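In what follows, chains are A, B, ... by sequence order, proteins preceding strands, each numbered from 1. Quick note: numbers below take in every heavy atom, side chains included, and nothing from hydrogens, waters or symmetry partners. Remember, it's 1-based here, ligands and their atoms both numbered in the order they're listed.
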Amino acid sequence: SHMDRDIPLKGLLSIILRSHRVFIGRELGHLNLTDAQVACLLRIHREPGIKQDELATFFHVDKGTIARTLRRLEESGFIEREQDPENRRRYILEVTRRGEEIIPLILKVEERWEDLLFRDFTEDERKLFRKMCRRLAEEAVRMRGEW
Amino acid sequence: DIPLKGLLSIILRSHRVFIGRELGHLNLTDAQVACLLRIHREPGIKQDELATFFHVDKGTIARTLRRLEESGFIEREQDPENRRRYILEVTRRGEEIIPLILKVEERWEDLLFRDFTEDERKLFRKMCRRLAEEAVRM
Ligand SMILES: O=C(O)c1ccccc1O
Ligand SMILES: O=C(O)c1ccccc1O
Ligand code: NA
Ligand code: NA
Ligand code: NA
Ligand code: NA
Ligand code: NA
Ligand code: NA
């Protein structure tokens, strides 16, 4: 019934992220959206003009994988993909008017997911966990840079 | 700001990249290392019990296990009381790389917590466990 105190950090993070992928599917699956697509959408939303290959590098996924996810968003009309004028083989990405309209819907699902996850967490604990997460995300980025 | 999930994805992503660098030469992935370690902790564990443990689909666990047995790290035997069931065991070869795998996991955590004190480190870990148990309920 209870969880092993054995599981390494990565395992627990995987469990948490696991439920988020499931939550996204159930809450936005009918809009033909997946966690990966949502990930790309938000990332592009926060940085219009970002290149497909840069998105590939950020998520550390291969070309085909990123292309397939980006292809579904474009098909849904949420993003537009254009050839980079300075390099015809690169693709500049942008969230469309339509895509910007669902961003809010996505943020609400994230908010609800977070409230559900921090059910047993006090206000102080939650803000502290978040603060710790940021510090660690910052460390992970340093690590990618170290190697 | 960035959703919580974004921060956790970023963190978990460095672990995925780290395993590739440290164990890629063994064609091992995050999923494979995880299964391999769990089987090592629970010899004779059932394939379906492993899938229920990770909260992953039967098809996914199966593809991950095929990778491990193809590399010779694990062996599968039909469950003696249900031939449509498989029981898992780490092989001699698999047991040879476990220590290396454990050192790698340990080193990823130490790298991530380099600017964390022992206590913050313990707390963060405790909270993740709490959030994880909740995730299971949800
Ligand atoms: O899921 C992510 O990786 C992500 C990254 C940046 C911003 C929002 C996100 O959901
Ligand atoms: O994503 C995981 O964490 C995972 C773990 C064990 C087996 C298959 C998997 O995809
Ligand atoms: Na954009
Ligand atoms: Na997708
Ligand atoms: Na590109
Ligand atoms: Na538009
Ligand atoms: Na979130
Ligand atoms: Na794999």
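According to the PDB, the drug located at ligand 2 is salicylic acid.
Ranked by contacts, the top partner of salicylic acid (ligand 2) (the one with most) is named in the PDB entry as Transcriptional regulator. Going by heavy atoms, the other chains that come closer than 4.0 Å to salicylic acid (ligand 2) are A, B. Between the choices B:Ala34, B:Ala31, B:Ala62, the shortest heavy-atom distance to atom 8 (C) of salicylic acid (ligand 2) belongs to B:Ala31. Interface of B:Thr64 with salicylic acid (ligand 2), defined as ligand atoms under 4.0 Å from a residue heavy atom, comprises 8 (C). Any N or O atom pair closer than 3.5 Å counts here, and A:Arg18 shares at least one such pair with salicylic acid (ligand 2). Inside a radius of 4.0 Å around salicylic acid (ligand 2), no other ligands or ions are present.
Applying the 4.0 Å criterion to heavy atoms of B:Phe54 picks out, from salicylic acid (ligand 2), the atoms 6 (C).
Considering backbone and side-chain atoms together, A:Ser14 places an N or O closer than 3.5 Å to an N or O of salicylic acid (ligand 2). Interface atoms of salicylic acid (ligand 2) facing B:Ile61, defined by a heavy-atom separation under 4.0 Å, are 7 (C).
Residue contacts with salicylic acid (ligand 2) for B:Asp30 are absent, since no atom lies close enough (heavy atoms, distance under 4.0 Å). Residue B:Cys35 has at least one heavy-atom neighbour below 4.0 Å for each of these atoms of salicylic acid (ligand 2): 6 (C), 7 (C).
Close contacts between salicylic acid (ligand 2) and B:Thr60 involve ligand atoms 8 (C), 10 (O) [criterion: under 4.0 Å to a heavy atom].
Measured on heavy atoms with a 4.0 Å cut-off, the binding site of salicylic acid (ligand 2) is A:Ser14, A:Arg18, B:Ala31, B:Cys35, B:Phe54, B:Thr60, B:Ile61, B:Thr64.
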